[PDB]
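Depicted below, ivermectin in association with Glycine receptor subunit alpha-3.
All chains are named by letter (A, B, ...) in the order of the sequence lines, taking the proteins before the strands, and each is independently numbered beginning at 1. Both ligands and their constituent atoms are indexed starting at 1 by order of listing.
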Amino acid sequence: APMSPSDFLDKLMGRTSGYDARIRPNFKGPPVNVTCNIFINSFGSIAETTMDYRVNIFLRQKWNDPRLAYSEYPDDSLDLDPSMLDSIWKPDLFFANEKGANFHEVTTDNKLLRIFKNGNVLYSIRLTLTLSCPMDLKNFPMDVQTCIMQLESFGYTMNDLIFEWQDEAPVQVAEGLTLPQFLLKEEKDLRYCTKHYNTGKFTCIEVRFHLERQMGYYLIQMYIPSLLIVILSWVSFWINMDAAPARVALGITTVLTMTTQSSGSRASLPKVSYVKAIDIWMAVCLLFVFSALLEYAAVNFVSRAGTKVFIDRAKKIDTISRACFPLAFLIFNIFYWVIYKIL
Amino acid sequence: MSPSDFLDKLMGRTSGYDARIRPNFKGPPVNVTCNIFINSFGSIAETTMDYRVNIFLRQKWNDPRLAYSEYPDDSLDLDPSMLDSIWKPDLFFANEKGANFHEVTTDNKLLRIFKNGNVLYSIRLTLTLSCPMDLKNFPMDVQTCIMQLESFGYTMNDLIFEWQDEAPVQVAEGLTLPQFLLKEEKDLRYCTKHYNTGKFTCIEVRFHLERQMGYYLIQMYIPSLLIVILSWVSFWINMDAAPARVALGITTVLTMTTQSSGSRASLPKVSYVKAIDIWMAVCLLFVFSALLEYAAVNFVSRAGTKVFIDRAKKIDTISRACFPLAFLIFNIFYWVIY
Amino acid sequence: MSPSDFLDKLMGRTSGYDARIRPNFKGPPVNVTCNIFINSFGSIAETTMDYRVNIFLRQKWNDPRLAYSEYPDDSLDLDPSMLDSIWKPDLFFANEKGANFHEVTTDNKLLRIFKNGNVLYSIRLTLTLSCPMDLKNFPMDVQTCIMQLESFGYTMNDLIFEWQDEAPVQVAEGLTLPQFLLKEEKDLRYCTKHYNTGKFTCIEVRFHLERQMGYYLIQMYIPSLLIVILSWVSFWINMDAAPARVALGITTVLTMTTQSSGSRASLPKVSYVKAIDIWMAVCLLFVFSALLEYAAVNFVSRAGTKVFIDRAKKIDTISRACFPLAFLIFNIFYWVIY
Amino acid sequence: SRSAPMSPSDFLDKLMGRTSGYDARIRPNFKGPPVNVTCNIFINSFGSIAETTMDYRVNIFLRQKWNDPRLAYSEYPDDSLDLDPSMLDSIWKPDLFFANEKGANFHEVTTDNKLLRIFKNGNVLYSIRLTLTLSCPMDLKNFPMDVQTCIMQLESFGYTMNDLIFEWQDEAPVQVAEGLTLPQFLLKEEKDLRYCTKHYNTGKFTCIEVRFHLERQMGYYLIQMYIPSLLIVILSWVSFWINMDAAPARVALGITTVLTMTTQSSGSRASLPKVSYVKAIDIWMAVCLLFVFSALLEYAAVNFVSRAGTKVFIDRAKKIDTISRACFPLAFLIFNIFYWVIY
Amino acid sequence: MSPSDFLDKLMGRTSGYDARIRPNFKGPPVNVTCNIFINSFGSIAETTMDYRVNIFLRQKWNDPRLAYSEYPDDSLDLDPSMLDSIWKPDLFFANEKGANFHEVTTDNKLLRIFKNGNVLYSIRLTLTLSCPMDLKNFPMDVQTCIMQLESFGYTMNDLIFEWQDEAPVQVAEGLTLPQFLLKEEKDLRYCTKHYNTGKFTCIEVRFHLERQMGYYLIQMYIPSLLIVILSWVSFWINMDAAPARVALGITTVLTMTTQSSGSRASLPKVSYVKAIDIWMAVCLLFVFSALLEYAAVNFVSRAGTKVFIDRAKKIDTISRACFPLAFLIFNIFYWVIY
Ligand SMILES: CC[C@H](C)[C@H]1O[C@]2(CC[C@@H]1C)C[C@@H]1C[C@@H](C/C=C(\C)[C@@H](O[C@H]3C[C@H](OC)[C@@H](O[C@H]4C[C@H](OC)[C@@H](O)[C@H](C)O4)[C@H](C)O3)[C@@H](C)/C=C/C=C3\CO[C@@H]4[C@H](O)C(C)=C[C@@H](C(=O)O1)[C@]34O)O2
Ligand SMILES: CC[C@H](C)[C@H]1O[C@]2(CC[C@@H]1C)C[C@@H]1C[C@@H](C/C=C(\C)[C@@H](O[C@H]3C[C@H](OC)[C@@H](O[C@H]4C[C@H](OC)[C@@H](O)[C@H](C)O4)[C@H](C)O3)[C@@H](C)/C=C/C=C3\CO[C@@H]4[C@H](O)C(C)=C[C@@H](C(=O)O1)[C@]34O)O2
Ligand SMILES: CC[C@H](C)[C@H]1O[C@]2(CC[C@@H]1C)C[C@@H]1C[C@@H](C/C=C(\C)[C@@H](O[C@H]3C[C@H](OC)[C@@H](O[C@H]4C[C@H](OC)[C@@H](O)[C@H](C)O4)[C@H](C)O3)[C@@H](C)/C=C/C=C3\CO[C@@H]4[C@H](O)C(C)=C[C@@H](C(=O)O1)[C@]34O)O2
Ligand SMILES: C[C@H]1[C@H]2C(=O)N(C)c3ccncc3[C@H]2CN1S(=O)(=O)c1ccc2c(c1)OCO2
Ligand SMILES: C[C@H]1[C@H]2C(=O)N(C)c3ccncc3[C@H]2CN1S(=O)(=O)c1ccc2c(c1)OCO2
Ligand SMILES: C[C@H]1[C@H]2C(=O)N(C)c3ccncc3[C@H]2CN1S(=O)(=O)c1ccc2c(c1)OCO2
Ligand SMILES: C[C@H]1[C@H]2C(=O)N(C)c3ccncc3[C@H]2CN1S(=O)(=O)c1ccc2c(c1)OCO2
Ligand SMILES: C[C@H]1[C@H]2C(=O)N(C)c3ccncc3[C@H]2CN1S(=O)(=O)c1ccc2c(c1)OCO2
Ligand SMILES: *[C@@H]1O[C@H](CO)[C@@H](O)[C@H](O)[C@H]1NC(C)=O
Ligand SMILES: [Cl-]
Ligand SMILES: [Zn+2]
Ligand SMILES: [Zn+2]
Ligand SMILES: [Zn+2]
Ligand SMILES: [Zn+2]
Ligand SMILES: [Zn+2]
């Protein structure tokens, strides 16, 4: 008859085992090789203001512990109760760019422990992580962001512990996982982030996600409504020059609506000190609207004396402006959209 | 037999019971029958794309090691501290963003065992669950929010989940949602997962949430009508009054833009066209056209000759009937489509 | 007898006491008498539809195993660490959204035992309780917020809750709420629950919260009067001044819409008509009619003939008396109804 | 013959450990008079004073002193001994809680922020660092020239007055960190001390109280509230120097000042709780609104009496502006004299 | 010697080691040498007057009880669970508002011991530290944020802190702050505390944060210029156009007030004059004077006599050159001062 599980666990890692979790596998020999892979269950809360993003993952860690090799059962592997994780050695993996992180204990510890005949261990744990993602917003809202995730050892130096991504499918994403503001690109870069502190040299592996911001929201809520205000400023040119309060009021309100439009769009962003692509658009839209008001300043000023010579001279400005600003604004959009579509 | 001695022999020191070993450990998978009582349902957020729920999660399964003959009682209600001593499933919620137990004034847990070794295990949980939303038809949209009950560590050969046949999901009497109607029919299905670590049991319940329309009539649709109707009073005003007709034309356009942008403030920044965007867009055309109407009236009437003053006067008389007509025709189409 | 030896024999190692067994375990249900002291009452949120409270929860019951004769004292005040050694009820709050104990500087708990085995158990708790609100009469509404004390694991045959006869709910002296008046009368009743797991004891207290009106007079009703009264000054202005009368008519309409929408910002998005919606709607009619009044005046006076200029002049003289009259008549109705 | 003094390990074991027979569940002088606990606090930080939630936050060192005869020692000549704070679990100590506490926490980084010192005669000094959010009911009648009294109640939860009594130190019970400033308030030097002895249906419990006096700084409200209101009132007066024929200009100027004043008034109430009594800022805004609203009614009169273009009425209307030009600046100055003198 | 046996003899059961006793307990104070690695630096809030940091805190000291000769290794890297078995300093952060350890996936701690008994102890911490700010020169202000490392329980005769001589504070490569520049030079000093409980070791590091100006040029200073320049176009407009010049004068004043008040929204309510208040105040004078300029032009030109119409015309011609000049002179002064 085969050995009872209770007796087996006691002899392998319990009281009678002589197993010490404070000693690493191959303790006098070469470093432990931990093979990592992650399953991304959820990806979101991508905040420009706080410059971070949230992720829910299953972190898988694989390594060999010869002390856990067994011959008592024919099974290729054994699925163990996760309470046995406290009894075995395991890597001290932490996330270097983590701002917040927690385990999941409902309804029980969200953990998995599997051991193989030859002493291989599979250790999966569910984690929620808030990771820092420094952003370059120069091309906002046509920007593309690279958010990273660093898996590092806190206490073991490179001679004792080394991390490594799986060869096949290191990062997996849940089927049908969508982000409302971004597109998560299929290609994820993998690299080493090996750290050198004054305490020594520590293993660190990295994955980089590429996030492309979706443009459609900004067309509807930012670019189209700015067009509306610029087009509105042009109706001044089809209005009678004698109607001063109407043309001025129409010129002012477009300028002020454009400033609140511009400042309101910057409300959901961090206070960076470089020029963004949306700042260029709003600046130029503000010129075209501001020029339409200066256009009437000229029309009102040259037409002071009611002599036909000046009334017609002022009339000439409106006829030119009626064609030139719509032309000049179209020329600007050609340049603008080509620059941020080509580059 | 004294309860103290009984508990010791069944699951305590003298029992030889090992909670690290599942029931029927060398045999077929443990069949866990689940049912939930929804105590509270709310915090349905479009922005963060999730909802909050307070539930009693009931789990039923058979553990032959816990069968008893010492008492005639069909079942025994045990102190929940004994839950630490017995095996139980590792149920987690796959789409959970936040979750907690309830420990006031004591652990909000229930443990009941039956003669034949059946276990009833109820626990009170608060869960924040993710609910991806399709807002194409907002605010006449209907949302499907799910809840996945999954095993983290046991594969399908060791552990299987299953909904109760009779009344798997129960809702507290008189439970109302201020923004939504929770439909009576809940879909039940399997979400069985296949990871690189293996095949894991997963069962799913889908709630159907129908957004209540009344709020948006009062705070969104009626006040937009008011601005469109306001733009039409321009057509009954004297054409000579340029500042009045222009100012009235502008303010309606700007009030309409702030109205439109303000309605999008409580929503996530999605990149598709919503039903409210169509309404505001068209309302903006009718108000913007009313201003362009005066641009025409002011332009054709430049020279004070009677021929043009009457020609300009003709535009207002047509516009007075045509925009109210055209706007009514639009509402017929709009409300019929959705 | 030394206290150390006494505690050891009553509930410790040598006692044979088992906290997993209830008092009168083979007999009738344990009668727990509850009373609460409300230390703090506030954070009453309409949006999230809940309120926060800080209380001392007192529980009284008899455990014959804790009867003593070793000391003449009527009762003994025990160190609260002994609460872990005795049986106690599993009271939870059914409508609790959040709850916590208080551990600074030590556990905020009290344990007192009496000669005959009676136990007094007081614990300080902060609770966030759900309070579904009816805002039909807002801001002249009155709200009923409840608090349910329930057993999670014991059925009615094993455990029954009951309010004290004398002063079950006590309130700290000078406790005031800035937005509400907490009425002196609190309703007490049974909320006995029937789940598929059985029948569970539940007792309930209902607080009546009357919203204070003064804030809304100053920040909502008076400023709306100001805008309505402002619209009437148009009628004392020259009819030739089109831009002035129109601009004055528009700005009052738009100020009234932002006034109306801004007042709904601190409320949940409910789909029924509130009393404040009626007021703002009617105020909007009187302001909107004042603008339509000038549309008529400007339209009938097109040709500068004396017959129409006087006919248009007649409208203003009637309107000067009729709208102030009609608005006063509306307030008579409105304030009398609510 | 001078033998070696007792080892600390053995000493702690005999005083409060295994061999001691010490029971932390029994109070000092258990069959005798009440334990006299002498309290004092050091205020490390004082802030987050919120009108809306009606509370304030404080970081303190809470010192408690009392005598436990069981902890008297003669084995060392030292007047006192500084003990590892893990020994706090082994001794009896008071059950002090803060009666008006809405939130409270200990500090465990990098170790427990606690101090335990014992004296030859059995006196104990126990200091613990706490962050507390305390409720402070506010009277805003005189806001923003209001003065607030925020209290802090130290109470026993489980011990009645016959077993436990609290008492402030005679010398310097409340100490404040040097250079501690509050941006919105001035913390007055004088702190009131008194008894808050509680009588519940569970009995009579010791309670001692400290009252802080917080005087709100006026400078912020001059710059952001009072001066900008003056600007709008002064702006309304420029109407009186404008031509009476210019109806749209005088009306538009009259309206915009009224509406700017309402948004000014409602915006100032945004950071306050929704109280149902009249505040001092409500009086100011109300009167400022009268002066601006009267300036518009002034033109209603000017426009109405001057209907027919006859010289008699045009001059009669002209007389109103000349009186108003001097009377409103006078009347507004008279109001400020009254207003600022009252508060 | 096996590691298990070695740890048992050095600090475990057979060791006789007592973590409640400090190294050199009857002798001179323990000298703890501190150094920090700044992994992250941010959340610098003016409103709450604090900042957040993520660090590795390194502590070095000698414990002769931990000296070893059993292995030739210069040092040994120990499992961090052994930290509970050894004595270590009670370092706390005096100006800490919030602080936490990091336990994912295991305790983020490092323990290394040397032959001679030296200990290296590194722990990862997130800290929210208070940073009182002087905003007199905002937004051209420079801030000094400090970090105090103090002993809570040990007086100066038992425990002394000290910064490392070489590289006490290290910063992660490529660490940038979006609003500030973290200066390379960090001041180090002693903050030794004297309470009524005694004299306690305290060492301090001061970071110098220079606020980046570019954001405020784009979102604050340039848009204010735009409104001031807009006010000047009034001077090229016909004096007969009263509603146009007044409306243009008003809207610039009101846009400037909302501009000014909106810039103060992200700041604490301090009662001293800031540099941005001076700028907005002066910008408000130039815009307010442009409106008073027309009050003069409209008033002196009452009677249509050529003498006054030209006299009023003279004011505009002077104002057209003088305000652009005077505003340029102001900017020369302003930007040179700060
Ligand atoms: C000269 C200003 C007057 C008032 C003109 O303003 C207007 C029209 C009327 C006037 C003629 C409108 C104005 C923009 C200007 C034109 C300006 C630009 C096209 C850009 O800026 C210029 C000058 C600027 O150096 C001050 C310079 O950046 C420097 C410093 C930078 O460090 C961060 C550095 O990276 C760089 C290398 O070098 C830049 C390259 O080039 C453009 C960047 C300005 C955008 C401004 C805005 C966008 O939204 C802002 C806000 O939400 C609002 C309410 C109004 C906008 C506005 O006010 O827009 C706003 O502030 O035209
Ligand atoms: C008809 C609208 C035109 C544009 C008129 O608008 C104005 C004046 C000009 C036009 C003549 C102004 C308008 C109110 C209307 C008159 C309307 C009422 C007195 C009330 O509503 C009516 C119709 C309503 O049914 C559409 C009906 O509800 C029932 C049936 C519904 O099912 C069909 C059902 O769901 C619901 C639960 O029970 C009701 C009993 O009775 C009143 C309730 C409307 C209030 C509206 C408002 C209050 O604040 C809102 C907002 O903050 C804002 C910015 C402006 C307001 C406004 O716009 O106020 C506002 O939106 O007059
Ligand atoms: C007299 C005001 C009239 C209405 C003038 O207002 C205007 C133009 C029109 C009028 C002529 C506009 C006004 C500024 C003033 C001129 C004022 C200054 C240049 C400064 O202030 C003066 C007086 C001030 O003492 C009241 C004094 O502070 C000292 C002494 C105080 O002890 C008496 C003491 O407590 C204090 C701590 O230190 C100071 C040194 O000097 C300047 C500081 C004022 C700035 C004001 C503002 C900036 O943004 C604010 C707000 O976001 C807004 C909406 C409008 C602004 C405004 O309203 O700006 C605003 O409120 O001109
Ligand atoms: C065996 C451990 C550790 C130890 O406790 N001792 C006594 C020795 C003895 C001889 N040589 C090395 C050690 C150290 C290192 N090994 S270990 O490689 O298994 C180990 C164990 C735990 C660790 C660690 C390294 O880095 C930080 O956490
Ligand atoms: C008996 C357990 C587990 C174990 O510890 N041992 C020693 C053996 C021995 C032989 N065959 C299988 C095992 C595994 C599996 N069984 S179990 O089915 O009861 C079990 C128990 C706990 C588990 C688990 C599976 O997966 C998740 O956590
Ligand atoms: C004695 C307990 C409980 C138990 O553990 N056993 C062994 C028996 C034995 C015989 N009859 C009943 C029991 C049950 C019931 N009793 S109890 O009434 O004291 C009890 C104890 C704990 C409970 C509970 C009821 O409801 C839920 O939590
Ligand atoms: C000695 C304790 C407590 C106790 O456990 N016993 C057995 C007795 C015996 C005789 N008289 C009184 C007691 C009580 C009271 N004393 S005590 O004064 O030290 C005490 C100890 C702990 C307490 C308490 C009072 O009230 C709050 O919690
Ligand atoms: C040895 C400890 C402590 C102690 O427990 N005893 C018995 C004595 C005996 C004689 N002299 C001093 C003591 C005190 C002080 N020492 S200690 O320096 O190692 C120490 C240990 C722990 C401490 C502490 C001081 O202050 C803060 O917490
Ligand atoms: C602590 O050690 C440093 C060198 O590591 C030394 O310079 C300093 O003097 C020591 N401090 C004391 C108080 O002895
Ligand atoms: Cl206007
Ligand atoms: Zn790539
Ligand atoms: Zn369905
Ligand atoms: Zn009642
Ligand atoms: Zn005082
Ligand atoms: Zn320096």
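- The ligands or chains attributed to ivermectin are ligands 1, 2 and 3.
- Other chains making heavy-atom contacts shorter than 4.0 Å with ivermectin (ligand 1): A, E.
- A heavy atom lies under 4.0 Å from ivermectin (ligand 1) in the transmembrane segments of chain A that UniProt numbers, from the N terminus, as 2, 3.
- The entry names the source of chain A as Homo sapiens.
- The contact residues of ivermectin (ligand 1), taking heavy atoms under 4.0 Å, are given as A:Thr259, A:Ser262, A:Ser263, A:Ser273, A:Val275, A:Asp279, A:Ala283, A:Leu286, A:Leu287, A:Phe290, E:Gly214, E:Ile218, E:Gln219, E:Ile222, E:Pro223, E:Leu225, E:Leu226.
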